[PDB]
Undergrad: 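Notebook entry - examining structure containing vardenafil.
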Amino acid sequence: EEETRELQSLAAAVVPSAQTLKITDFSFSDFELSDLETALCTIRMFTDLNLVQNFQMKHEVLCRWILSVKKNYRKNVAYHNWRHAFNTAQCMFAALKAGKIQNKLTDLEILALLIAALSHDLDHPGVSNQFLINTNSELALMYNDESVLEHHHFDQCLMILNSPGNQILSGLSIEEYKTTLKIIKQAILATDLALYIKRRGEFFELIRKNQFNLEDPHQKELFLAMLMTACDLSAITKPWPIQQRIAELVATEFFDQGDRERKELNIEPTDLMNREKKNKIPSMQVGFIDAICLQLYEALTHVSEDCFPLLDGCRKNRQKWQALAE
Ligand SMILES: CCCc1nc(C)c2c(=O)nc(-c3cc(S(=O)(=O)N4CCN(CC)CC4)ccc3OCC)[nH]n12
Ligand SMILES: [Mg+2]
Ligand SMILES: [Zn+2]
């Protein structure tokens with residue numbers, strides 16, 4: 001069995017230090033790492049956040065769970081694949097450690113965030129929520145057109161967590177388990193950009209007015225959602241060579257959806273899904289940064305100044321894209 005071999009290889013390998021793996025760096029790149037190495041990085045993230053120790057995770061179970069998560073991403077989807085999920089978790093790790101966000105959260109919240117980050121795009125088909133609704137996909141029918149992809153991702157997450165030999169939450173009490181699942185679901189649903197756009201104004205206003213208070217349960221939940229989005233979109237903050245590469249992957253996925261819309265819906269795709277409008281990418285990236293990204297990274301820096309590198313990188317990438325749009 002090809003999978004039992006993968007499991008043994010992973011379980012027997014040494015876990016290099018966080019320093020060696022560079023996973024505390026906001027500028028981290030997975031490009032030169034093998035699949036096995038990304039799995040080892042993932043073990044190191046769980047380990048250095050004290051999750052293995054505090055929740056008594058069995059090494060073998062953690063290894064299998066990480067392998068189940070990775071295998072449940074589609075290798076044929078250009079951007080929303082295991083590497084995106086892995087990078088999102090890495091950004092979460094960096095924000096918690098280098099950005100000092102770990103001191104503001106509970107162990108259960110950190111556990112949920114890391115699991116959620118790794119699991120948030122599980123089995124992503126490479127098409128948008130609106131595409132799924134307009135084509136009457138089984139997913140859209142299943143979830144009544146509401147955060148379709150995100151409900152699917154959480155259901156896939158739960159399926160992995162409840163499957164034999166992958167139960168990494170077996171060391172939690174029942175009350176802890178129920179709490180953790182509730183947070184994971186909210187954290188995964190938060191990655192629906194429509195929900196981010198809907199909820200972020202409250203967060204930005206609380207920050208502007210110096211009223212942000214993490215002891216208020218609603219504000220804590222709001223913050224966790226915002227942090228999920230910050231990590232989900234973090235490729236936009238990477239050094240230029242990395243961001244330019246990831247942007248090509250994002251455009252590939254979009255153009256592939258546009259091809260599907262041409263054949264299956266017999267429509268002309270919008271500019272962002274139109275491969276013929278490839279020349280417009282730079283201005284669309286500037287638009288994405290201005291409307292979606294910049295305000296979030298600005299707000300996060302007010303929460304913790306040590307998260308500044310995310311804002312800095314985002315600003316630098318805006319300058320490079322704007323230069324290419326003239
Ligand atoms: C859903 C992809 C979110 C995302 N992550 C990253 C790193 C990127 C990136 O670099 N660039 C794009 C990105 C975002 C927009 S957008 O802001 O206008 N917008 C279009 C519709 N979408 C999806 C439903 C919401 C926002 C437009 C073009 C984009 O990329 C072109 C390569 N989006 N993106
Ligand atoms: Mg998603
Ligand atoms: Zn994502």
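Numbers here are sequence positions counted from 1. For the numbers below, each heavy atom of this structure counts, side chains included, while hydrogens, waters and symmetry mates do not. Ligands are counted one by one from 1 in listed order, and the atoms in each one are counted from 1 as well.
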Undergrad: Provide the full list of ligands or chains belonging to vardenafil.
TA: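 The drug sits at ligand 1.
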Undergrad: Supply the name from UniProt of whichever chain has more contacts with vardenafil (ligand 1) than any other.
TA: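 By most contacts, it's cGMP-specific 3',5'-cyclic phosphodiesterase.
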Undergrad: Quick one: nearest non-hydrogen protein atom to atom 8 (C) of vardenafil (ligand 1), plus distance?
TA: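 Looking only at protein heavy atoms, the one closest to atom 8 (C) of vardenafil (ligand 1) is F288 CE2, 3.4 Å.
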Undergrad: Which UniProt active-site residue from chain A sits closest to vardenafil (ligand 1), and what is the minimum distance between non-hydrogen atoms, to the nearest 1 Å?
TA: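 UniProt active site, heavy atoms, to 1 Å: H80, 4 Å.
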Undergrad: Between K278, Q285, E253, flag the one that comes closest to atom 32 (C) of vardenafil (ligand 1) by a heavy atom.
TA: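 Checking each option, the heavy atom nearest atom 32 (C) of vardenafil (ligand 1) is found in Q285.
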Undergrad: Any atoms of vardenafil (ligand 1) less than 4.0 Å from a non-hydrogen atom of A247? List them with their elements.
TA: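 Within the 4.0 Å cut-off of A247, vardenafil (ligand 1) contributes 32 (C).
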Undergrad: Pull out every atom of vardenafil (ligand 1) sitting under 4.0 Å from any heavy atom of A235, numbered as shown with elements.
TA: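 Those qualifying, in numeric order: 7 (C).
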Undergrad: Give the single entry among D121, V250, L272 that approaches atom 20 (C) of vardenafil (ligand 1) most closely by any heavy atom.
TA: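 The option holding the nearest heavy atom is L272.
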Undergrad: Name the closest protein heavy atom to atom 23 (C) of vardenafil (ligand 1), giving the residue it belongs to and the distance to 0.1 Å.
TA: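 Result for atom 23 (C) of vardenafil (ligand 1): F254 CZ, 4.6 Å.
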Undergrad: Just to be sure I'm reading this right: ignoring hydrogens, which of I197, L233, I236 gets closest to atom 5 (N) of vardenafil (ligand 1)? Compare them by their nearest heavy atoms.
TA: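 Residue with the shortest heavy-atom distance to the ligand atom: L233.
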Undergrad: Of the backbone atoms (N, CA, C, O) and the side-chain heavy atoms from C-beta on, which set of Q130 has a member under 4.0 Å from an atom of vardenafil (ligand 1): side chain, backbone, both, or neither?
TA: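 Neither; no heavy atom under 4.0 Å.
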Undergrad: Report the UniProt domain in chain A where most residues contacting vardenafil (ligand 1) lie.
TA: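 For vardenafil (ligand 1), the UniProt domain is PDEase.
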Undergrad: Quick test: of every protein heavy atom, which one is nearest to atom 25 (C) of vardenafil (ligand 1), and how far off is it to 0.1 Å?
TA: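 The closest one turns out to be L193 CD1, 4.1 Å.
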Undergrad: Give the residue, atom name and distance (to 0.1 Å) of the protein heavy atom nearest atom 18 (O) of vardenafil (ligand 1).
TA: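 Scanning the protein heavy atoms, the shortest distance from atom 18 (O) of vardenafil (ligand 1) goes to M284 O, 4.8 Å.
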Undergrad: What residues line the site of vardenafil (ligand 1) at a non-hydrogen cut-off of 4.0 Å?
TA: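 Counting heavy atoms, the site comprises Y79, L233, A235, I236, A247, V250, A251, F254, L272, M284, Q285, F288.
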Undergrad: Anything under 3.5 Å between an N or O on vardenafil (ligand 1) and a protein N or O? List each pair with its distance, or write none.
TA:
unit_1	atom_1	unit_2	atom_2	d
vardenafil (ligand 1)	10 (O)	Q285	NE2	3.0
vardenafil (ligand 1)	11 (N)	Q285	OE1	2.7
vardenafil (ligand 1)	30 (O)	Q285	OE1	2.9

